[PDB]
Amino acid sequence: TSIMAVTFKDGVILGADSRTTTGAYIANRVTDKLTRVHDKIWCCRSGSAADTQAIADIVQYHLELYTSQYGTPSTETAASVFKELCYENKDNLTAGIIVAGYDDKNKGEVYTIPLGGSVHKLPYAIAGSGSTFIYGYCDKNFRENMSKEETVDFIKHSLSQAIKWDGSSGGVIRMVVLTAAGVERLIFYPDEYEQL
Amino acid sequence: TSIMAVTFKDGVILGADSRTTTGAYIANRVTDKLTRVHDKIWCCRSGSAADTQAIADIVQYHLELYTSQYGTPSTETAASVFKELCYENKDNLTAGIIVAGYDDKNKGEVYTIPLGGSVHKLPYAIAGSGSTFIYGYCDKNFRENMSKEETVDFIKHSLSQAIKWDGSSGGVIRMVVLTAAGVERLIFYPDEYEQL
Amino acid sequence: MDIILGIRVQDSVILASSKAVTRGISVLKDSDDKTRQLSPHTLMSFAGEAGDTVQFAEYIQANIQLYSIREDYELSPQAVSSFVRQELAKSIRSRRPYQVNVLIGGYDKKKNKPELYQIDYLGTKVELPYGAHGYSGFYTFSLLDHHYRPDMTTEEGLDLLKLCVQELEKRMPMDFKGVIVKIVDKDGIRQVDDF
Amino acid sequence: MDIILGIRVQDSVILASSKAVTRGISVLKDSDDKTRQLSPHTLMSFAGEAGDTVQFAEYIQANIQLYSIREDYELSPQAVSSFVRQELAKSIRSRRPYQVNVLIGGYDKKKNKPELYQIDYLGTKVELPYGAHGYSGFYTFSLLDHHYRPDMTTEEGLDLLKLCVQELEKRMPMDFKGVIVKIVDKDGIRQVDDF
Amino acid sequence: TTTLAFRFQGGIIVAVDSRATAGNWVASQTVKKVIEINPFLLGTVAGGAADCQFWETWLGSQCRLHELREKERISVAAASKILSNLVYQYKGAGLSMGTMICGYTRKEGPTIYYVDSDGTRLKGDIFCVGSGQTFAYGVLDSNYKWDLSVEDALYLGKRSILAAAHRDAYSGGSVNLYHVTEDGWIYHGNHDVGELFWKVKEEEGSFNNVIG
Amino acid sequence: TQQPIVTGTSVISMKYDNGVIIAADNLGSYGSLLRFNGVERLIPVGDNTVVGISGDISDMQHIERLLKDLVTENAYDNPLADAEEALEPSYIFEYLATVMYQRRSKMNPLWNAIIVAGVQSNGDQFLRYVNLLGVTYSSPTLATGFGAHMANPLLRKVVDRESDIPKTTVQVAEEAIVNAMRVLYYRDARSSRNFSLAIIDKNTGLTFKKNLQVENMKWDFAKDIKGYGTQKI
Amino acid sequence: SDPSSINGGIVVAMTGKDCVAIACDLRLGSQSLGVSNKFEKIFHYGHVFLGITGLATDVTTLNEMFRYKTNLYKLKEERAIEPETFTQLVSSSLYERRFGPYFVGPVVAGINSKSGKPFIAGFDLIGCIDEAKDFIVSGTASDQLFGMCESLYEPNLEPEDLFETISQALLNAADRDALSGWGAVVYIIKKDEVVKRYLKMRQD
Amino acid sequence: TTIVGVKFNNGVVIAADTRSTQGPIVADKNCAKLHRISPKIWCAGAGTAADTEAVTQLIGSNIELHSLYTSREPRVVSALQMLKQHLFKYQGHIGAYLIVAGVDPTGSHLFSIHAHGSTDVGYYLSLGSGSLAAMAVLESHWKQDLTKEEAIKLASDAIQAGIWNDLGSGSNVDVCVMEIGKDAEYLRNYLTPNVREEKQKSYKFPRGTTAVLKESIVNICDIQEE
Amino acid sequence: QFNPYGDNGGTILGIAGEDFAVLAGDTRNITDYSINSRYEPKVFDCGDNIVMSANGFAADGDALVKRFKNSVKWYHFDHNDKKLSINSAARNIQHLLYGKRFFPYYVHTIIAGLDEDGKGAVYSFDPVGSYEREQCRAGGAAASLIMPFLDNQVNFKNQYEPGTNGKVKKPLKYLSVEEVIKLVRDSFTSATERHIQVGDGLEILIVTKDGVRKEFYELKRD
Ligand SMILES: *[B]([O])([O])[C]([C][C]([C])[C])[N]C(=O)[C]([C]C1=[C][C]=[C][C]=[C]1)[N]C(=O)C1=[C]N=[C][C]=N1
Ligand SMILES: *[B]([O])([O])[C]([C][C]([C])[C])[N]C(=O)[C]([C]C1=[C][C]=[C][C]=[C]1)[N]C(=O)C1=[C]N=[C][C]=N1
Ligand SMILES: *[B]([O])([O])[C]([C][C]([C])[C])[N]C(=O)[C]([C]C1=[C][C]=[C][C]=[C]1)[N]C(=O)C1=[C]N=[C][C]=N1
Ligand SMILES: *[B]([O])([O])[C]([C][C]([C])[C])[N]C(=O)[C]([C]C1=[C][C]=[C][C]=[C]1)[N]C(=O)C1=[C]N=[C][C]=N1
Ligand SMILES: [Cl-]
Ligand SMILES: [Cl-]
Ligand SMILES: [Mg+2]
Ligand SMILES: [Mg+2]
Ligand SMILES: [Mg+2]
Ligand SMILES: [Mg+2]
C-alpha cells in the first residue's frame, strides 16, 4: 500500500494506490483506499482491509452523531476518534491511517496514525509498505504552500515511485482534493504515471 | 548501512556511510566500508563486518595471484570471484557487496551482489539497510554520463537521505573516485551533508 | 488407580478392584477399597486420577441416597447408570473434567436380573456381561471370551475371576496387591473376605 | 532392567538381581539372570537400557577372558573394575553411549578379601560395603545403614538381604518377580537356588 | 523432607525432620514441620512450605469454629476432610502439599489421615511422606509392631527420620517427636541430627559404613 | 502485553545546587526507521515540574493527557490551586508510579521509562525514576535507556554523591547535560541531533529550551582512518 | 541434568606463612541420593596437590590423566613437577577439550621446592587460571565458601591456625549445601612435611 | 570488563580493569587482562577468559616462530591477521574480544577484534561490558595530538568509568605503554582505588576449635634407599 | 513477551540480640550490569517499633512495605490504638504475601523488633508467605555468602572448646549490640568483595525499647 496526504495553499490532497493483496495474489486491483468519514474529512487506509473498514465505519458513525448534536467537527476531532479506536484496541488491530480534512478556520490539516495508535500532526504524511521507498524523494521535493497543480504532481510522482518498487502497491493512483471549493476526485492510470 | 556505486563519464565512484552497529549501539562511527581488492577495483561492503572482510581479504589474495600470472584482471573477473565465494557459501554468509572498477578498455563498471550470490551489472547500484529509503530518489535523479561533480553531488544527496532515515546508517560519507587519472578519496562530514 | 473388573453371571454381579494405592515410587496402601454403595442393590467401582475418583464416587453416592430418601424408593441400576453417564458427559466439556472411569454393578429387583454397566470418563456407557477399565481388559477379555457362559453360578464366576487375577498377577508389571471382591445380588451387597 | 543389589560381608560378596523382564505392558520373562562371570572369582551384575546391558556385559566378559588366557592369570577385582570404568567413561562421550549401570562383586585371592564396586553408566566408580542401582537404594540403603556390621557371616548377609527384598516387595510399585542371589568367595562363584 | 506417623498400642507416634531447601541451597534447618492444630490434633507438613502452613493454620480455625458451633471437638475424619476438600477446589492451580492429619477421639480412637494436594485422602496405620520417605519406610517396616512401648515406638520414629536425614540430601537438620494419646499429644523435644547421629552410631552399633 | 511501536530514546537528568536539569531528544523512532523528527518528550506540569518520558510514544501521549487532566482536576474546588495546594513533583510522580505499577500488575503495562524532575514547595530538588514494571528509584543523576549506560557515567563525574550537589552550579550542570547529549548522538543509533532541555530552578523557576542542537562535534579524524587493518590507500 | 551438580562436592585451598592448606568434603551422590561418604577429591603427584570438584567420572578420569602425565614428566625431566608448571599443564589439558570439556572445577595447591614459595590456583572447566594470593574455592557451595573465606581469612597464618580457618570455612559452607558434606578432609602442607586430618561433621 | 586503547604522539597505550565474574559472583579480584603477544605487541582481552588467554598464547607463539623465521621484529598487522582468521574460522564460538596494539618498524598501531573475526581501526577504542561507560569518557575528553602522559590519563579514566559504573568491571587498573623506539612498559596495577578496609574483628580461632577424627603423615617423597 | 518481574539486587540482614534487634541492608539498587542508585533506602521503620525490608524485586518490595504500613495504620483505627506485636505483624504479613499466592510478591521479606517479653526478634519470609522466627537471617542476592558466616559467628556452629577435641561445644553466649554491628559490617564488606550487586553503602536500623535508631556506613562503589 502506498498512501499519502499533503497540505497546500488552498487546502489538502489525499493520495493512494489501488492494490489489495493476499500474499502475492492481487485480490483487488481497483481498490478505493481514500474513504469519507465526513463531508470534508477523509482518510487514507493501510494495513488490514477489514480492520481499517470497521474503524472507518465506526468513525463515520461517531462524526455523524457529533454533527447532529454539536455541528461540524474539526479535523483534529476526527483524528482523535480514530486514535481512540486504534490506541485502545492496539492488540487486535493492524491499521495505519492518515486522517486529512479541510476547515475554513484551520484550512488543510493532516494527521497520521501509525500502528501504535499515536497521533502526529504534519504538513504532509506518507504511509503503507510502499512509503519506505519514497522517504528520500518526498523529503527532498516537498514544499509548504504549494499550488494545487504542484501538489497533484508531487503526489503523482511520489506514488508512482512507491508503486514502481513496492509489490504490495499498484493499479491506479486515486486522489481526493479538499478545498473551500468542495470535494474533487482525481484518477491517474498506469500509462500516465509509469512514464514519469 | 548505506552504500552505492555510480558510473559516470570519466569512470566510477563508490560511496558509503561509516556506521557499524551492534543492535542500537554504534560500535564504530568512522568505519571504512569502501575497500580495495585491486589498484582500480574496489568494493562497498554491507551486512556482516566479519563475513565481508573475510570475503574481501580472500578476493584481494586471488586478484593479487591473478595479476602475478595473467596481468591486471577485469572488473567482471573481480565480481566473479566475489560471486563464487558468496554463492557457494550462501548458507553461512551474510554479505551484500557492490563491486566497482575502472578499466581503460571497459571504463567504469558496477556489479552488485546481494545475499543470494547472484550478480547484476548495472549503471549504478544501491545497497544496505538505508538504501530502501532512496530507491525513489535515486531512480528519479540518476542520469548516465554525468560529470564528476554531478556524480559526487548525486551520491552525497542520496546517502544524506539514507542516513537521515536509517538508524543503522550514519557518521561521515566516504567516497572513492576511480578514473584514468587515478584513485581519489573523498570525505564529507555531518555539518556539510545534513543541511542539504 | 489401576485395575477394576466386573462380571455379570446368572443371578449376580461380581466386582473386583485392586487394593494398591501408589504415589510415584511408593505403595502407600495395600488395602484400599475402590468402590461405593450407591443403593442397597447397586455398587459402583472406580479408577482414574487421584482425588477425582473418590470425589466423584461420593458425589454420585450422595445424589442417589438423596433420591432414595425423597421418593422412598430405590432407582434401577439402568436409571443410576444413566444418571452417572450424564454427569460424566456434562463433566467432559467442563473447565476441569472428572478423570474417572467406573463400573456399575447392580441387581434389578423389578426384573430380577443382574446388570453390569461400564462407563468411561468421557461418558461412554455400555451394558456388558463382563467389563474392565485401563490395561486390565487387554489381559482379561480374552480369558472371559473363552470361559464365560451366561448361566454361570456365583461360585463359577468367582473361579473365573480368580483365573483373571492370576493372569494379571503373572503378566502385568505393576504389583496391584490383590483385589477386593464384592457380590451384588437379590439379597444386596456383600464382600468376599477371602480371595 | 530394574533392581540390582550388592553386599560385601566378612569373607564374601553377595549379589542379588531381579528376575523380571518387562517390555511395555507385559512381563515377558520371570527367570532372567542379570549377571555375567568375568573370571572365576569376579562377577558383574548389570541394569540399564534394553540390549545395551547384555551387549556391554558380554563385551567386558570377552575382554577379561582374553586377558586370562594371554597371561594365564586372573586379574584382581580392582583391576577389572578399573577396566570396566574406563570403558564406560570412554562410552559416555561416544556417539551412542552404553546406558548401563553395573555392580562388580569379586574375591581378591592375593589379599584374601571380598570387594564390591558400584559403577554407573557415566563411569562413576565407588568401592562400597553395600551398593545398589536405580530406585532400589532409596529403600535398601536405610536398612543396610542400620543392620550392616562388617564382620557379618555369609548366612547373616543373606538374612539381611532377605530383609531388603521383603521391603522392596512391600513398597515398590513394580513386581520384579523375586531375585537371583549369587555368592562370590575364595572358592569361586555359586548360586543360591532357594530364595 | 521426611515425615512419618504410625498407629500402635500406645496411640500414635509422629516424627518429622527440620530441613528446608531452595534447589541445592539449604534455606533453613529449624523448620517446624508439625503443626499443633489443637490439644488433640497434629498436622505434618511436606512440599510447599507456605501452602502447608497457611492451610494447616487455616484448618485449625475451621476446627475451632466446628467445636464452637457443635459443642463438641471435631473428628479426625472431619478435620482431614475439610483440608482435602479445600485443596481439591485449588486442584490444578499448583498447590504442593503432603500432609498427615493425626489425632485421637473417643469414637474413632487413634487415627491417621494422609491428605494430598492432588486431592488424595487415605486412612491408614503407617505413613511416610516427603523426598526422604523411602528411607524412613525401610527402618519403619522392618521394626514395626502393634505391641510397642511408648519408649520404643518413639525411638523407632526418631531412628527412621535419622535414616532419611542421613541419605536424603533434602532432609535433615533435626528431629521433632510427638506422641499422641487418649489425653492429647505430648511433645518429646528437638533432636539435632549432628549430635543424634554420633550418639546412635555409638550406642546402636549401626552406620558401620561411616567412620567415627 | 504489547510491543512498543513508535519509540523515544534516552531521557537524561541531574540535580544541581538550586534545582534540576532534564533533557531528551526530539525523535520518534519506528524500529530502525527514524520516522518522526519533531516529537516533544519533555512535558511540563505547572511551573515547578517536568516529566521526561522514553519508550512507547502512544503510551507517552496517554500519560500526557493524564497529567493535563490532573491539573484540571486539582483546580476543582481549590482556591489555592495556584499557591499552597498546587501540584507538587512528588504528587505527580507518586500518581504516575501508582499507575505504572497497577498497569504492570494487570499484565498490560505502559511501555515507558519516566523521569519526574522538579522543585518542591520548600525548595528541595525532586528527581525520581519510574518505568513499565513500576520500579522506582532516586539518585543525583538519572537516565533512561542508553543514557543509563553512557550519560550517567559522565554526569556522575560531576555529582558523584549527595554532598556534590551544593557544589554544582547551573552552568556546570547544563554543560554536562549538553555534552552527554552529544555523546549519545555519536553512539546511540536511535537518537537525533535536535533535542529539548528544561531547567527547574528554585529561584528563576522553569526555563524550557526548545530546538537545541548538538554542536562542536569531532569528525575530522575520520579522514585518516583507512580500511580495517592492512589497507593503506 | 546440570553435570556440575549431579554428584556434588566442594574443595577449598588457602595460603599461610610458609605453608598451604587444601580441603574437601567426602560426599558422592546421585542428586538427592547419597551414595558414598569416602569419595576423596584431593590427589597428589609428588609434592603438588590437586583438588577436583564437579562430575565424579571426570574427577577420576583427570586424576588418572595427570598421574599419567606427571609420571612421564618425571622420567624425562628427572625431577618432580612444580606447582607453577603443573598449573600450566592442567590449563593446557583442559583447553584441548574446549568444545567438549571435562565438567570439573580443579584446584592446585603446593609449595615450590626450590623457592619455598606457597602457591595455589583455581580453574574453570575449560582451563582459565585463577592464581590467587589468599584463597581458592570450588564446587556446589562455592558461593558459601567465598563468603566464609572472604570473612574468616587473614594473611600469614601459622599452619595450626590455618587449619582451623580452612576447616571452619569448609564445614559451615558445606552445612548450607544439600549436595556437600558427609565428612571432610584437610591437608596441611609444609615444605617437607604434610599432615592429613579427617574432620568430624554432621552427617546429613 | 572494561578494556581500552588510546593512540598518542609517539605510540599507543592500552588499559584494562582486573575483575573476572561468574554470573553475579566475582571469581577473581585481580585478574590480568593485558596479554603479551610479542615484546612490543600487547593486547587487552574481554569475553571468555580461557579463550582470550589461549588465542593470545597461540598467535603469540606463532608470531615468535615467524619472527625467528624472517629475522624481523613482528608486526601488529601480522598478529591482527592471524587472530582474526583464527576467530573467524571458529565462527564466534571462541569468545575473545580483543584490543590489539603495538609498535613495529612500520610504526605504532591500534586495532580491535571481535569474536566473529571483524577488525576495526581507531585512535581510541573500548570493549567489554563497561565499554559504554569508557567510550563516554573517551568521546568527551579525547583529542588529536595527545602526549604520552595525557593518553595514560585518558585511558585510565576510561577504565575507571567502567570500574565504578559497570558491575561487570571492578578492582584495579592495568596499563601497558608501547612507545616508538623504546621498550614497552607493562604497568601492572597502575591504579589501586579499591583496597578493602580493615575488618572490624579478627576471626582467628582458638587452636583445637575444630573436631578431628584421624591424623596421618602423607608420604610425598620418593621410594627410599636401604 | 512482557516479563512483569525484575531483579533489583541488594542484600539484607537481620540479627536478634537479647534485648535489641538489628535489620541491615545495602543501599545499592541495580538492573542487570547498571547501577540505578547508590543510595536507595531499603529498610523501613513501619511504626510500633517494627522495622521491615522486602528485598528482591523493588516494585513488589515497595508495594508490600506500603501495604504493611497501611495495615499498621488500620490496626490502630480498628483496635483502639493497640500496639501491633511483632508476632502479630508476622502473621499479618503472611496473609499479605499468600494473598498473591498465584502472582507473588517476588521478594525475601525480613522484619525485626521486640517480642512482648522485650527480647529481640527477627522473622523471615519466603515470597509466598511461609515464615519462621529466627535468631539470625540474611536475605537477598548475597544471602548465600553471608548466612554460613552467621551460622559460624552467631550460633557458633562447628565450633568446639580447645583441649576436649570435639566433645564439648562452644557455649552459646549472647552478643551485645556493638558485637552484632561488627558482624554486620564485616558480613557486608565480605559480600561486597565477591558479589557485584552489593556495595555503595550500608544502612542499619537498630531497634530497642527506647525506639528505632539508624547507622550508615560506606561500602565499595565498584
Ligand atoms: B496495503 O497493501 O497495505 C493494503 C491496504 C488495505 C486497506 C487495502 N492492505 C492489504 O492489501 C492487505 C494485506 C496487507 C498488505 C500489506 C500490509 C498489510 C496488509 N490485504 C488485506 O487485508 C486483504 C487481502 N485479501 C482479502 C481481504 N483483505
Ligand atoms: B551495515 O549497517 O550493514 C554494516 C556494514 C558492515 C560492513 C560494517 N553492518 C553492520 O554494522 C553489522 C550489523 C548489521 C547491520 C545491518 C545489517 C546487517 C548487519 N555489524 C556488525 O557486523 C558488527 C557489529 N559490531 C561488531 C562487529 N560487527
Ligand atoms: B520438604 O523437603 O518437603 C520441605 C518441607 C517444607 C515445609 C520446608 N520442602 C522444602 O524444603 C521446599 C523445597 C522442596 C524440596 C524437596 C521436595 C519438595 C519441596 N522448600 C520450600 O518450600 C521453601 C520455602 N521457603 C524458602 C525456601 N524453600
Ligand atoms: B569481562 O567481564 O569481559 C571478563 C574478561 C575476561 C577476559 C576475564 N569476562 C569474564 O570474567 C568472563 C565472563 C563470562 C562468564 C561466563 C561465560 C563467559 C564469560 N568470565 C570467565 O570467563 C570466567 C568465569 N569464571 C571463571 C573463569 N573465567
Ligand atoms: Cl478496502
Ligand atoms: Cl568493517
Ligand atoms: Mg542515522
Ligand atoms: Mg554410582
Ligand atoms: Mg549438607
Ligand atoms: Mg560489589
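Each chain gets a letter, A, B and so on, in the order the sequences are listed, and its residues count up from 1. The structure has been trimmed to a portion of the entry, and contacts are counted only among what remains. When reading the values below, keep in mind they use all heavy atoms of this one structure, side chains included, and skip hydrogens, waters and symmetry mates. Order of listing sets the numbers, starting from 1, for every ligand and every atom in it.
- The drug or candidate drug modeled at ligand 2 is bortezomib (bound form).
- The main binding partner of bortezomib (bound form, ligand 2) here is, in the terms of the PDB entry, Proteasome subunit beta type-1.
- Other chains with a heavy atom closer than 4.0 Å to bortezomib (bound form, ligand 2): B, H.
- The entry refers to chain H by the name Proteasome subunit beta type-2.
- The closest approach between bortezomib (bound form, ligand 2) and any UniProt active-site residue of chain B, by heavy atoms to 1 Å, is B:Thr1, 1 Å.
- The deposited entry places the covalent bond of bortezomib (bound form, ligand 2) on B:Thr1 OG1.
- By chain and number, the binding site of bortezomib (bound form, ligand 2) at a non-hydrogen cut-off of 4.0 Å is B:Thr1, B:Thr20, B:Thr21, B:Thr22, B:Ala27, B:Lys33, B:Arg45, B:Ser46, B:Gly47, B:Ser48, B:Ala49, B:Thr52, B:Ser168, H:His114, H:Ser118.
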